[PDB]
*Asks:* 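Take this structure, written in structure tokens, and hold onto it; I'll ask about it next.
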Amino acid sequence: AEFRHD
Amino acid sequence: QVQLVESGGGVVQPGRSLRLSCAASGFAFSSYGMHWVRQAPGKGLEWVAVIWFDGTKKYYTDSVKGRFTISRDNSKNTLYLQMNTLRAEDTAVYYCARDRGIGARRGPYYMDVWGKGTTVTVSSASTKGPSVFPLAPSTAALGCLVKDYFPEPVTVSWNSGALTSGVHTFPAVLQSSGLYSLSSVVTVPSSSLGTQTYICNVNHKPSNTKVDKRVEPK
Amino acid sequence: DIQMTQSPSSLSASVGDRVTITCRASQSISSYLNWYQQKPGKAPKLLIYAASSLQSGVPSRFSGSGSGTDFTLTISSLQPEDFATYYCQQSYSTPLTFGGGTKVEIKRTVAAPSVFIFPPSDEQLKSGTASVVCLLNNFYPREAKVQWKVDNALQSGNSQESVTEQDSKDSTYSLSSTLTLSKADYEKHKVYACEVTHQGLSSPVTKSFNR
């Protein structure tokens, strides 16, 4: 689970 | 005076471990996210890992998942990187960098402050001083071949520092044996060879080796 | 994972010129794009964040534009200190990725390399190994090709090369190419040649020797 903006 | 100072780097064998530290000063450490960025010798920048300001979220580049662990002790103003199961391709200069964040969740935005870096060399080679060989001449050119040493670095001057102009000491290359090699060449007018003597001064601190080699036309 | 493609990988320029570099993203990163400057042996330095915002303290000549997938870094009028390598980095989603880097070097007129070749020393020969060095000296531009032949047998893979940076005075490059052979393999042949092609050279120069 990667982090993504918005 | 905002500062980030990395330490912990050194020579390590493959499959072994290393803990990098990064001491922060001059700002509110526990309010910033921190990153570890690395640069293999002669290559570009590669992101490694980020940890949130509150230490609650961590992300890693794929090649280090399950091997590297990023941590922080906000009390000590210290960032840490635990590097397990090291491989040759982990050889790099490692930088810590602070990221202020953006958005509601304070995810990464930009890296405005960096440390100077710490050098990690992953090799199963053991400390070994160089063998210095002449590059004999015949504008003329001569030089020294500094072959088969470990680890970096080695320094080369000519005539005990007297001779400087016309000298090119090349960046070292890593051979398939895992030892390093470099050449230092100097260019001088043809007339000089008959009388002038040319010495290259090789110093390899890690193995405590100093060598003076005279380069002569054969 | 988002790929950052930087172009060109290298470029030449002179003081006062206007330079532009491009980072292209494999998918939209909105405007989470950053630009960094790095000089040899030094840590990166942030120039621009959020595609167009300029980091506090950075000269006004630096500017950036772009959104989505295409981005530009602009130096208005170049300066002597600006000759360095520039990386872009997307900050939209993990894993965070940098571009390959764009080296900005000093432009100068074409210069040809002075080629020398060095047989292995007998001192080295006793040990059981033989290194043949070929020295390309003070040429321009950086691009060059070096070709090793041993009795016309083309050598591929058993050589390495390293280059200096541009010189403090004349902005030139120098290149060493080292061919590595066994002692026995060295004894078994007579002609060792270094063939060099370069823009400043009208025809491929060949420097050779015999055992």
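Naming: A, B, ... by sequence-line order, numbering from 1 per chain. Per the header of the entry, the method used was X-ray crystallography, 2.4 Å.
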*Asks:* Which drug name is given for chains B and C in the PDB records?
*Replies:*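 You're looking at aducanumab.
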*Asks:* Rank the chains of aducanumab (chains B and C) by heavy-atom pairs under 4.5 Å with chain A and report the first one.
*Replies:*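 The heavy-atom pair count is highest for chain C.
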*Asks:* What is the heavy-atom epitope of aducanumab (chains B and C) on chain A at 4.5 Å?
*Replies:*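 The heavy-atom epitope comes to A:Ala1, A:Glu2, A:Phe3, A:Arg4, A:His5, A:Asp6.
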*Asks:* Would you mind giving me the paratope of aducanumab (chains B and C) against chain A? Heavy atoms, 4.5 Å cut-off.
*Replies:*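 Within 4.5 Å, heavy atoms: B:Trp52, B:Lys57, B:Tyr59, B:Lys65, B:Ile102, B:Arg105, B:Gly107, B:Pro108, C:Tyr32, C:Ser91, C:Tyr92, C:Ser93, C:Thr94, C:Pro95.
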*Asks:* How does the deposit refer to chain C?
*Replies:*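 In the PDB entry, it's Fab light chain.
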